[PDB]
Amino acid sequence: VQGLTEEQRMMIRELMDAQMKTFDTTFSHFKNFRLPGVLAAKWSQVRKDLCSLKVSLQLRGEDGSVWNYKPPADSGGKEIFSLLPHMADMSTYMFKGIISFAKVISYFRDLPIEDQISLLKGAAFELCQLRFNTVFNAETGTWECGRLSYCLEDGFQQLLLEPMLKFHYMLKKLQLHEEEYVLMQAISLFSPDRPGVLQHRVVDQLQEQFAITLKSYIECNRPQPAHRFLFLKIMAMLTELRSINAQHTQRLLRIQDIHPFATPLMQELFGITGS
Ligand SMILES: COc1cccc(N(C)C(=S)Oc2ccc3c(c2)CCCC3)n1
């Protein structure tokens, strides 16, 4: 790109290299996942917690066959948990790609292992949502995950009330480059204020370099009036994503409390000990 320092161009490359190596955009290796079965104040809030992300699910076979699953309606029972096992498998698959992404980046390997763990615990969800946005189809409200499709159930303005859905639509509208998505991932990963981080100074210095690189990238490759304040818009979305992360963590722990579903990797990322 233009106007970047050699160190910034190298920084952008290694992020792009790590994204290329660890983001299976066709989801070809997402396999052996569970699928929905065939044929007191907690519950009110878990009932409200689960209805926030209502999606149907399509599976296109290599032979051309199509399986499609329409979820039930909430009717006061355990049917609200039908996609929990499948969604756990997908998020687990994505978390593994995220962990692989961090471990390739030199700036991440060079951190102490305890801080590596702390940063991944704090940012794994956010980097997952950033990767899902690149396969989000805002015209059809569908995350195109290769042979899997997650379609939002029916208007458009009433769904933007859901913060994570609003995030995906608003982030998609910015029409970001691959380089800007991966820089967002690095900024979110290297957040110095996550619980348990010890090397706050180096992590803060690294994050600042990633933000400066992103600011510089935008200024060198986006002169259009539509991209005025784009960097600031991106940074605001990252703050919103952190809020959504905290929201979603409390959501998940409440559902986990009355209906266990978290995989071992999810338990590790969310602090669940097993006792
Ligand atoms: C109760 O909270 C839960 C339950 C189970 C899994 C999760 N996680 C951690 C994640 S990343 O779920 C998502 C979030 C967004 C999306 C998908 C999964 C799949 C495709 C559509 C976009 N969260």
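By the PDB entry numbering, chain A shows 140-178, 196-310, 314-434, in order. When a ligand or atom number is given, it counts from 1 through the structure's own listing order. Only heavy atoms go into these numbers, but all of them, side chains included; no hydrogens, no water, no symmetry mates.
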Open item on the list: Could you peek at this structure and say which chain has the most contacts with ligand 1? A name from the PDB entry would do.
Closed with: Nuclear receptor subfamily 1 group I member 2
- [ ] Identify the drug located at ligand 1.
- [x] liranaftate
- [ ] Determine whether the side chain, the backbone, both or neither of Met250 has a heavy atom under 4.0 Å from any heavy atom of liranaftate.
- [x] neither
Task: Proximity flag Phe420 to liranaftate, non-hydrogen atoms under 4.0 Å - done: yes
Task: Ligand-side contact atoms (liranaftate) for residue partner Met243, heavy atom cut-off under 4.0 Å - done: 5 (C), 6 (C), 17 (C), 18 (C), 19 (C)
- [ ] Before signing off on this row, confirm whether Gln285 and liranaftate have an N or O atom pair separated by under 3.5 Å.
- [x] no
TODO: State which organism the entry records for chain A.
DONE: Homo sapiens
Open item on the list: If the cut-off is 4.0 Å to any non-hydrogen atom of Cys284, which atoms of liranaftate fall inside it?
Closed with: 11 (S)
Open item on the list: Can you help me figure out which UniProt domain of chain A most of the residues touching liranaftate belong to?
Closed with: NR LBD
Task: UniProt hyperforin sites of chain A near liranaftate (heavy-atom cut-off 4.0 Å) - done: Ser247, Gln285, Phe288, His407
- [ ] Identify, by atom number and element, the atoms of liranaftate in contact range of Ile414, meaning under 4.0 Å from any of its heavy atoms.
- [x] 1 (C)
TODO: Could you tell me whether liranaftate has any atom less than 4.0 Å away from a heavy atom of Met323?
DONE: yes
Task: Option set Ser247, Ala421, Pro241, criterion heavy-atom distance to atom 6 (C) of liranaftate, minimum - done: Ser247
- [ ] Show which residues surround liranaftate within 4.0 Å on heavy-atom distance.
- [x] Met243, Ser247, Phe251, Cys284, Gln285, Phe288, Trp299, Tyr306, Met323, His407, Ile414, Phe420
